[PDB]
Q: 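What follows is a single structure, and I will ask about it in a moment.
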Amino acid sequence: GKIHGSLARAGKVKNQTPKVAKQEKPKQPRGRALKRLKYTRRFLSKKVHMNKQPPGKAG
Amino acid sequence: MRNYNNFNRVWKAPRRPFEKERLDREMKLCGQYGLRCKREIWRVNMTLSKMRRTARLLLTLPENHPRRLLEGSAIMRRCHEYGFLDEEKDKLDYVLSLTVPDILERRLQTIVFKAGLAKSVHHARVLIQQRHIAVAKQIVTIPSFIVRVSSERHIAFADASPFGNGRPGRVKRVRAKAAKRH
Amino acid sequence: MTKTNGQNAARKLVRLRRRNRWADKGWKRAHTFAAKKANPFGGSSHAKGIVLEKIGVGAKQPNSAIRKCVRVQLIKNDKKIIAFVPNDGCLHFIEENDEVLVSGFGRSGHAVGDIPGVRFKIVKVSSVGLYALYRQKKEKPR
RNA sequence: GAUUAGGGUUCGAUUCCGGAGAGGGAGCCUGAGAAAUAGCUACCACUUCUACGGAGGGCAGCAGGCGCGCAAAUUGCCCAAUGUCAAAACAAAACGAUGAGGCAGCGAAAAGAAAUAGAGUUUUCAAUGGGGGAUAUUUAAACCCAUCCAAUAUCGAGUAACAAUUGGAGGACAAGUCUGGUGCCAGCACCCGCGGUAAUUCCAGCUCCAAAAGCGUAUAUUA
RNA sequence: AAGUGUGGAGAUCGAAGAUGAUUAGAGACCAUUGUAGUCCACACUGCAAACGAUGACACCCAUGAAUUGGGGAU
RNA sequence: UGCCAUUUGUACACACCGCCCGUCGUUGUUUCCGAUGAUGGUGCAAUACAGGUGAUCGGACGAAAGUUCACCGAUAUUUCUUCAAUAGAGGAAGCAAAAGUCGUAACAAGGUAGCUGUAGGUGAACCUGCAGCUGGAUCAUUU
RNA sequence: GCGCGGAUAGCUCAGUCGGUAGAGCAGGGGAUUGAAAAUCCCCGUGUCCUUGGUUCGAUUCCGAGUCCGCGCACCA
RNA sequence: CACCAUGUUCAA
Ligand SMILES: NC[C@@H]1O[C@H](O[C@H]2[C@@H](O)[C@H](O[C@@H]3[C@@H](O)[C@H](N)C[C@H](N)[C@H]3O[C@H]3O[C@H](CO)[C@@H](O)[C@H](O)[C@H]3N)O[C@@H]2CO)[C@H](N)[C@@H](O)[C@@H]1O
Ligand SMILES: NC[C@@H]1O[C@H](O[C@H]2[C@@H](O)[C@H](O[C@@H]3[C@@H](O)[C@H](N)C[C@H](N)[C@H]3O[C@H]3O[C@H](CO)[C@@H](O)[C@H](O)[C@H]3N)O[C@@H]2CO)[C@H](N)[C@@H](O)[C@@H]1O
Ligand SMILES: NC[C@@H]1O[C@H](O[C@H]2[C@@H](O)[C@H](O[C@@H]3[C@@H](O)[C@H](N)C[C@H](N)[C@H]3O[C@H]3O[C@H](CO)[C@@H](O)[C@H](O)[C@H]3N)O[C@@H]2CO)[C@H](N)[C@@H](O)[C@@H]1O
Ligand SMILES: [Mg+2]
Ligand SMILES: [Mg+2]
Ligand SMILES: [Mg+2]
Ligand SMILES: [Mg+2]
Ligand SMILES: [Mg+2]
Ligand SMILES: [Mg+2]
Ligand SMILES: [Mg+2]
Ligand SMILES: [Mg+2]
Ligand SMILES: [Mg+2]
Ligand SMILES: [Mg+2]
């Protein structure tokens with residue numbers, strides 16, 4: 001038919017999302033010490049890619 | 001309702017919140033001076049902006065004008081008093097050349113790092129806020145305390161601090177209780 | 001060929017400007033009263049209404065979906081409007097005869113892009129926030 | 001007041017000044033001053049008690065109540081201060097009244113200051129708040145803050161579990177050619193656009209970015 | 001210009017309409033006609049691509065053919 | 001039937017197998033007209049008129065009750081005006097939505113050059129008459 | 001008021017004058033497509049008011065009776 | 001100067 005969506009299909013993708021849970025991951029420092037952690041990695045530990053990702057299916 | 005106590009704002013957020021040149025300078029200023037947030041930089045912007053604006057109004061005024069002799073000798077006085085300008089700089093054109101790291105060097109977090117009372121600039125901010133530094137036998141717990149020139153001689157440990165001449169702090173004292181029950 | 005000088009020509013310039021400000025669609029909307037008397041919200045924000053029925057509004061070209069939205073009838077002035085329900089799901093949190101807190105969305109009543117003829121938005125259903133129900137901060141009463 | 005190079009554009013129910021009103025509308029008395037309303041008379045609209053004969057009401061005072069709405073707190077303590085009134089200083093058997101006005105409770109309207117760690121050789125050493133409490137101090141009385149863990153003699157961080165969040169990662173606009181799912185569906189997207197079985201944009205996990213005790217959104221309004 | 005009113009005029013072209021034809025259809029173009037109109041008088045209308053898509057009045061402004069009317073030299 | 005070059009026009013750009021216009025169907029929306037229905041205030045001025053104020057009498061026990069008249073005037077009711085809201089059979093206009101129908105009007109000399117005004121005709125884009133315009137498909141041909 | 005008339009899938013509807021049921025759309029899956037729309041194939045499928053008299057059996061016959069339309073009436 | 005009307009939706 002002309003329309004392929006319905007009100008009955010509401011929340012289709014969010015229901016069938018496989019429901020992964022977050023992992024443990026101990027807390028980062030907060031406040032002034034988190035700015036210390038930002039500064040030491042992007043400056044003291046030497047384009048600059050802030051989030052370089054490992055190679056995937058694009059190459 | 002009938003309360004006339006006044007209050008204003010001391011900082012201002014920048015136009016253009018994502019400038020890659022500006023965001024890189026301010027992360028250097030949060031690292032080189034041990035700052036909590038970008039807002040502590042932004043009041044140092046507004047503090048210096050107001051000095052840079054009044055001193056630029058007074059140069060529109062001629063010399064031997066009443067608002068430039070008075071109140072132009074006030075803004076050169078508070079630069080010399082707080083260490084913003086050394087005593088050679090007396091012409092009022094040097095207030096227009098002040099920078100944000102010229103003001104951030106005068107914070108009590110920086111002098112306690114520069115005088116030698118702490119290993120790092122993040123050691124200094126802890127020891128101020130944990131009541132160890134007295135400026136004139138006055139325990140100052142504010143890191144944004146702008147130290148005057150005459151106050152530099154008298155920064156030391158507090159007389160009530162365990163690092164000075166006071167009683168020993170918590171980890172010795174709660175251990176001295178545990179050795180007492182035995 | 002444009003305007004007048006003259007040291008005594010200020011009444012001409014004051015009259016000239018007050019008529020040409022009516023051509024400004026921001027000045028004219030801020031100074032006429034068809035702006036609020038036809039606004040379904042009473043010149044305000046976030047008006048409450050009662051859900052009447054659920055509608056699937058099909059998206060405009062080149063997009064193709066049906067947008068899940070309710071038709072609500074406001075309480076302050078009894079005006080029927082159609083308002084969008086934002087997120088994946090979220091008509092499962094709305095039943096008929098529910099009180100909903102409806103804001104506009106975006107563009108001062110000018111129908112944010114894909115959805116045709118819908119210019120309001122559900123914020124809060126049954127006095128609990130609709131985005132809090134989506135992220136499951138809390139759940140519906142009764 | 002907000003914004004503003006300059007010229008401006010807006011907001012001003014709201015603390016100070018003035019004007020007006022006390023449910024609507026009149027009309028008066030008394031007084032130096034009222035067309036007074038915690039004064040009177042009447043009508044209109046609502047309205048409470050009655051033993052049915054009758055008698056009363058006026059929170060745009062302060063607390064509250066119901067409605068109305070997108071939308072705004074305690075039926076709190078006190079005259080200690082600021083004042084007003086007045087036959088009146090305080091004290092002495094012997095404390096003038098004050099919902100003016102203070103004070104506290106609620107209170108992320110908006111503003112200041114600021115923790116959530118430091119230091120060193122897997123492994124230790126020091127710190128001091130949040131918080132418990134006082135010979136007490138504040139206070140009218142409490143509260144708070146401030147001071148303190150012996151002055152002969154005062155509790156306490158480790159996963160410091162005493163655990164930061166809110167929005168994003170195609171572009172503007174700072175930051176992933178990562179992995180799983182769905183397959184023009186579900187949804188996202190202010191705008192441009194994403195999604196049609198290899199999604200830089202959806203739903204999620206990771207990892208980053210931004211601001212941070214804050215941060216989204218909506219409607220007004222200035223640039 | 002079309003249009004309207006009242007009188008004239010009514011040659012030609014001709015909205016409407018009528019016949020032919022073309023066409024899948026032809027309510028169109030093309031052919032033959034033909035009413036109102038076209039033309040005049042007196043009224044009315046005031047709707048144009050009423051254009052140079054360029055408001056009016058002054059000022060300054062380089063060059064070479066021309067052109068229309070007036071004036072002056074030979 | 002095609003291809004290549006030059007000139008020119010174009011609203012075309014996955015490029016004429018392009019683009020595109022109106023009527024008609026379906027769905028949803030906001031206005032307007034409309035017999036009739038109806039609401040809240042103003043103003044206007046008309047009577048009736050509560051109370052009071054002043055006056056005149058009164059004088060129970062100087063001075064109450066009460067007369068009478070004037071004035072200020074609430075309220076009630078009616079008459080039109082005016083502002084703001086509102087129901088309506090029916091009749092329309094507009095807008096918005098994934099791929100329904102009919103033609104093909106425009107864009108090329110778009111196959112009758114387009115377009116302005118006006119007048120009349122038509123399912124519908126539109127055609128036709130008259131005078132204009134080039135924004136034309138001609139800046140040009142008795143020197 | 002009487003008479004003429006019609007009820008068969010989710011809906012709509014054709015019937016051999018008295019031997020048992022036709023499609024189509026709506027539905028679920030494929031072919032097709034770059035995904036769709038159209039299009040083609042294949043699949044679920046209608047105890048026929050209620051029933052009687054019962055032709056070997058009433059859907060198909062006739063008459064009773066829900067349903068829903070149509071022809072026609074005081075008397076001067 | 002006979003006639004010569006049209007090509008669904010996104011996307012590449
Ligand atoms: N189209 C909707 C838009 O939403 C806006 O609404 C609001 C927000 O979207 C917007 O918030 C922005 C935020 O988006 C943006 N990322 C950063 C910015 N600082 C925020 O601004 C807000 O937050 C700061 C706190 O720092 C406040 O000081 C500031 O006054 C406030 N405007 O500021 C507005 C205040 O709530 C406009 N009100 C509206 O006119 C506009 O049309
Ligand atoms: N209150 C007056 C009512 O107007 C009605 O008239 C309605 C229609 O005649 C008229 O038709 C509109 C039309 O304006 C517009 N041009 C197109 C639109 N589709 C139509 O809409 C109408 O018809 C469609 C059905 O196709 C419906 O879906 C739609 O809800 C309905 N409003 O719009 C009117 C409502 O918007 C009826 N005559 C009747 O209910 C009554 O007269
Ligand atoms: N919308 C207001 C007006 O509608 C008219 O046109 C409208 C319709 O006549 C026109 O109809 C078109 C039609 O052109 C074409 N032949 C077929 C197409 N399916 C129709 O489309 C219409 O109908 C379908 C639903 O049937 C809708 O999904 C679609 O959005 C809508 N355009 O679509 C337009 C609706 O947007 C005027 N042409 C136009 O001026 C104006 O847009
Ligand atoms: Mg201490
Ligand atoms: Mg006042
Ligand atoms: Mg009244
Ligand atoms: Mg109150
Ligand atoms: Mg992916
Ligand atoms: Mg993600
Ligand atoms: Mg021919
Ligand atoms: Mg002829
Ligand atoms: Mg074609
Ligand atoms: Mg066709």
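Note on naming: letters A, B, ... go to the chains in the order of the sequence lines (proteins, then strands), and numbering restarts at 1 for each one. Whatever order the structure lists ligands and atoms in, that order sets their numbers, starting from 1. The deposited model was determined using electron microscopy, 2.7 Å. A fraction of the deposited model is presented, and contact counting is confined to that fraction.
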Q: Please name the chain that forms the largest contact set with ligand 3, as given in the PDB entry.
A: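 The main partner is ribosomal RNA 18S.
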Q: Quick one: what's the drug at ligand 3 called?
A: paromomycin
Q: Which other chains have a heavy atom under 4.0 Å from paromomycin (ligand 3)?
A: F
Q: Give the residue list for paromomycin (ligand 3), heavy-atom cut-off 4.0 Å.
A: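 Using heavy atoms under 4.0 Å, it comprises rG22(F), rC24(F), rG25(F), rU26(F), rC95(F), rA96(F), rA97(F), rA98(F), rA99(F), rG100(F), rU101(F).
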